[PDB]
Student: 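Complex: astemizole : Histamine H1 receptor.
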Amino acid sequence: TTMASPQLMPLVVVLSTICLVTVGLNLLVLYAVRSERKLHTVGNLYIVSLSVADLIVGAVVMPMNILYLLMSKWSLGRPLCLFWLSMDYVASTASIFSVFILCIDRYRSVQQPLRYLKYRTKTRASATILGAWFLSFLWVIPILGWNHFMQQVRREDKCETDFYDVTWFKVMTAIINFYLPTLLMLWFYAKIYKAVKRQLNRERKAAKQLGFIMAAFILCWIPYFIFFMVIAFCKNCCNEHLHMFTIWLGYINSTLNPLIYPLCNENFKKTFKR
Ligand SMILES: COc1ccc(CCN2CCC(Nc3nc4ccccc4n3Cc3ccc(F)cc3)CC2)cc1
């Protein structure tokens, strides 16, 4: 019945725990924000956007990915697989765009906290978050319309994105979506950290929070992306174990961010203590 060998259970039994902990922590963060007035700041809007993206990548893709791992097939509804892809790619890129927006906001604030003050109303933070989410949801077009744009799954042993066999698009979208946000974020973070070390202490807790979030990303997703852009050329080169572990390393990052917040802010630990 497309089962898995009894030696593949002792890891799914903990993947389910990771799935439940991701949605038990992100939901806790979200309820913390909507239960206390002190947490309706500007950067907490970006934190909420990140927590929502992690809730989606912990509640929609985690159980579907676990079921796909346990049952090595996806003859389980073509539109359902399309929805899983459209809620995996969009969530994973929305997390990295929300982090990018937060990093730009903090870099503008640390630029000079006398010139970026009239562009920090919460309405504009919400507008930027909605714009980032729109750019993320733009990922629906290629997945659902590659058979319409390029005159080209038809593979029922496993459902996959329609451009998996398109090396040029894969490498180009990987380069853009990861590297350019990653490079820009690293540049902004270095520019922040220089000034923060320069002046002086809430700055050396907020800078550490942003640095830990960025470290989480650039250190838990890059094992996936280096493999993704080395596999785009090597075709006799298909180690499934490393790929399957790197994807779940990124998912562990999604789980870790809700643990990152308590250990970098006192307000979050004060509202998590009860
Ligand atoms: C059981 O076997 C399987 C086999 C396959 C799968 C799919 C796993 N899925 C996991 C998440 C992956 N996201 C992803 N790849 C990308 C390639 C180019 C551009 C963006 C890409 N993005 C989104 C992203 C964006 C920024 C970022 F910082 C991180 C990611 C896509 C793959 C699941 C189970």
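The numbering of chain A matches the PDB entry: 20-171, 174-221, 408-481, in order. Note that ligands are numbered from 1 as they come in the structure, with each ligand's atoms numbered from 1 the same way. No hydrogens, no waters, no symmetry mates; every other heavy atom, side chains included, goes into these values.
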Student: Quick one: which ligands or chains go with astemizole?
Tutor: ligand 1
Student: Okay, using a heavy-atom cut-off of 4.0 Å, which transmembrane segments of chain A touch astemizole (ligand 1)? I'm counting from the N terminus per UniProt.
Tutor: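 The heavy-atom check, in UniProt terms, returns 2, 3, 4, 5, 6, 7.
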Student: Which UniProt-annotated histamine-binding residues in chain A have heavy atoms closer to astemizole (ligand 1) than 4.0 Å?
Tutor: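 UniProt-annotated residues with a heavy atom under 4.0 Å: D107, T112, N198, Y431.
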Student: Using a non-hydrogen cut-off of 4.0 Å, what is the binding site of astemizole (ligand 1)?
Tutor: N84, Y87, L88, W103, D107, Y108, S111, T112, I115, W158, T194, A195, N198, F199, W428, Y431, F432, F435, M451, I454, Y458
